[PDB]
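Lab note: 5-hydroxytryptamine receptor 1A, ulotaront bound.
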Amino acid sequence: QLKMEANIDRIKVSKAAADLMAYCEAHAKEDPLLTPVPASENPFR
Amino acid sequence: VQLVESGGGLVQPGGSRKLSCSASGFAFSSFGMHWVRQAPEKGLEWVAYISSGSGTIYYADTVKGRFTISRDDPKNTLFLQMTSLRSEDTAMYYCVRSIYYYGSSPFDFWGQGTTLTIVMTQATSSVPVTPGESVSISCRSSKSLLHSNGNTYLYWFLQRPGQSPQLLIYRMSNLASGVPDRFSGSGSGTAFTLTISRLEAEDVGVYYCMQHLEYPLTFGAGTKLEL
Amino acid sequence: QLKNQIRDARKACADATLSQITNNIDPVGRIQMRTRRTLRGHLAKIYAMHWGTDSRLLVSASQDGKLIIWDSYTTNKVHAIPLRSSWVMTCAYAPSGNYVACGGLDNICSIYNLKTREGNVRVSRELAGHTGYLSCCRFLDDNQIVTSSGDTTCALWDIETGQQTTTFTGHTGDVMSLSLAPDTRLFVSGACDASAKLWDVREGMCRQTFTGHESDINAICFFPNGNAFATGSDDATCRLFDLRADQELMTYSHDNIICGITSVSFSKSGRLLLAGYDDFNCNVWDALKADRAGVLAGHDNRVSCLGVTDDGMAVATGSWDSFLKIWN
Amino acid sequence: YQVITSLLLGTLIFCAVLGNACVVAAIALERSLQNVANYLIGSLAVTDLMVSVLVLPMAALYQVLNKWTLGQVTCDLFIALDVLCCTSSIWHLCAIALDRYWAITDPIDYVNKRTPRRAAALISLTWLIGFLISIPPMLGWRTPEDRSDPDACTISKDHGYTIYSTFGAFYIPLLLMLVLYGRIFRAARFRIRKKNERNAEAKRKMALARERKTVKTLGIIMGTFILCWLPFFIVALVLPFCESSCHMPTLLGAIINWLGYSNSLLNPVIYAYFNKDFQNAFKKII
Amino acid sequence: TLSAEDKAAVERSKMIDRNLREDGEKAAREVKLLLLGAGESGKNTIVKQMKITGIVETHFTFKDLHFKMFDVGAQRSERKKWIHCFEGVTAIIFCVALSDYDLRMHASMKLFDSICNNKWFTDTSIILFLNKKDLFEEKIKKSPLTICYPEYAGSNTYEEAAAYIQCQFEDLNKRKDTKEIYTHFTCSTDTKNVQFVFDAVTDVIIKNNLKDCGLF
Ligand SMILES: CNC[C@@H]1OCCc2ccsc21
């Protein structure tokens, strides 16, 4: 039990953090909560 | 689930007759109710409508007051009060069920019908068909049916010859359940057509194109398809 | 004994904090989050909610014996589903928009069919296999349901069979939260021992353990990339963990907040997360800049659950006042 | 001289309108303050603002200007609104007392059946009494005496009217409140009466606290309701009879008929600004 | 928005609200009781005499007053995470067996103190019960009582012992101005046990009602 979790594939946190930042910066254009969308296209108006 | 109706027959002009549609296998207290009449040689013609618990009751111009309506939740029995009938009132009165919210399927399950004795027009009355080919039927509306919510209040109905019709495509873009999963439709405002892909057997019938934008509930002139 | 070696590997594999990388990135400033509607139908306090798959519907289950289905755009109520046990602590919406499952102190989480030829909601399969209350029973497919209980066991089921095909074991304490990966291949859960274990569905046994809290946990969610997740407990400490690196990344805490958490969620791109505290307020936090993006008022008692639709248009929060507010 | 009277009357009217409006605003904007008792209190508060706005300023005009200069129809309108509002502002107190008595005498009513319809029934009944009292002067029973002269906007001095109105508007409520709050006092006294030495000591000192607080509360309610009217009604009941005190001092009559109006300002304080739920709601909404 | 679809939608929403309101009104003219205690303290006998797979439910009728008793001992879990569902209950029925002082009653004391001084149960009055007084009588006339707790020295009289048990149970609550406790002795065959609960509930209702008027 403890052995199978003990022997796992582990990577440096650097490229993991880079992956998170890359996805965040690629999709930062599509946070309707974050970027204020003009009221002509929000159906809660 | 089954819906059965009674009250039909023959009444002399100026008389009164009571019309009913018994309920079984469902909760009448949580469903709307509608009535659509069809002449023996013409298309459908809507009659009235009842919301849940008879909160709201409308009528058409020609049936405003002279045919009143009611419902009975505890007993699951339907009432149609009629008086002073004329020659133009004879038609097939269809016990039609429906529900209204997001994801609705109005006019989904229909009764057998009763034998009692915006302008919408369809392009072609009758079109022959051949197995394995592709044939399309178009429908035109006087005014754009797109409402402010984006919901196109367009329906296509198909009635097998001599049987109660079914829901095939509702909202002109969504496919009803229980269909053979072949039919499809597309178009834009006041410009719509029904496309049949890989037509097969038992598809002979009549297709109906009706509006729901405003509330006169007027149907099309009819579309006949024959082998 | 292996624990020391695992900890040594953990401290060896970590070198940098996300703050260093974000230090070259300017924050997105202040955003104005204003309420659009308010939903008022519940009498007793509400306990759960689950957003639909088409970003237009949601369900909420309350203690007055009722769970209810809304239309989020016009605030029209469409379904009222009477219950059998007045103790309901969880709810779920099927991805295909067909089923809803809920269950509480009695050792069950039932099944309801929405799209019925009957035209009314009925109970289909009463799943009874635990010796404790169920805190969360979500959905994988239209035919496999995953239940998490106060029985210190997470149970994967199969509705048509009626019997659990697989069982998961490994928590000393009782689990109270459960979340699914986007690919429907793995899922995680956490318990009162302040540990979260990555559960596999293929072979039915845990893979890795995630620790760092010191109290019972309240809710969790995956990062939308399918690689990380963030957790919330009663210590006012939202913590972030990823599948790959198996490490602690960012601690989400502040010195002027002292109450606990009740539910969490991520935004569409994961730029910012939510947390509805015990002081009847929500709190939007930059998921990368780690600074408080804003505060939302609007309730009086205490936040119970919240979530964001698939497309990101909306966010809805619930509280013990029995009021649901839709935000934008 | 007249400026002082004007400013004082303006201050009183402002206080009346402010208090009566704030009470209704606080009740109408919360969900924790919508039980039957608080409905009764709010409805009493609404009748008070009517009286204030529609009657107080005209009476202040009649006072400072020292004469009536508005016309016969205006005078009849004023006297009428006066009677109705000041008679529906009395009986609400006895309605509230009846509510509390029914709460304390039998719990099974308090749980098994208590619907918010009772508040509406009681409010309708009180306004019904007001309507009944104010109409007879308009229908008839008015003296044919001259009233067109300035400062003649007075109330009819028929013996029969000035006894019937006085009884049916102030004295029956006095007996009703006396009896109902006396029975509530008896019950509340019965409940309190009905190592371990320290347990006994706690019991005694607790009982001493609770046997004094009830005296204080019942006394303040009773004392305010009697002191803020009874002098006016005894004055209005003696003078028409046998021309008593022919040289009646009008300067005292000013205070005598200002107490009846001052009840409007005094009423909201005792019933609304002591309930802990209102204090908390006021702190919240402010 | 002037289409039959959304008019029907708002109609359905209005009726759902009305149905929910009626149900919420109906389920409030009812008194809810949390029946709590140890497993073998005599709960079942209480259940039978009062009446005349996790949480268990109970229903009554007694002179135009409706009760509701829950049983929370069947399941074993983290008590701290399902107790808040029980706010607004009028009274708590704590059942204790007297015979078991020498078999445990110390654990009953620890449980009583924990349940009474709950921050969520600050202002709920407590009904107490004491069962199996018979076997208590045989045990005390066969064996002494000081083995349970040597700090007490006194006669072996059943009156003095029972009074000491009552006083020991009652001296636990820290707050007394808002919460008061009623005791009662039961010999496992009584026709006067429902009456005690009726009287306790009536007293609770009256002492609460007098509070909002400013009296008491
Ligand atoms: C001064 N305002 C009250 C008014 O004074 C005249 C007699 C009377 C009877 C009922 S109300 C009333």
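Chain naming here is simple, since letters A, B, ... match the order of the sequence lines and numbering starts at 1 in each. The way this entry was determined, per its header, is electron microscopy, 3.7 Å. Computed from heavy atoms alone, side chains included, the values below leave out hydrogens, waters and symmetry copies. As the structure lists them, so they are numbered: ligands from 1, and atoms in each ligand from 1.
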Chains contacting ulotaront (heavy atom, under 4.0 Å): D
Transmembrane segments of chain D near ulotaront, UniProt numbering, heavy atom under 4.0 Å: 3, 5, 6
Recorded source of chain D in the PDB: Homo sapiens
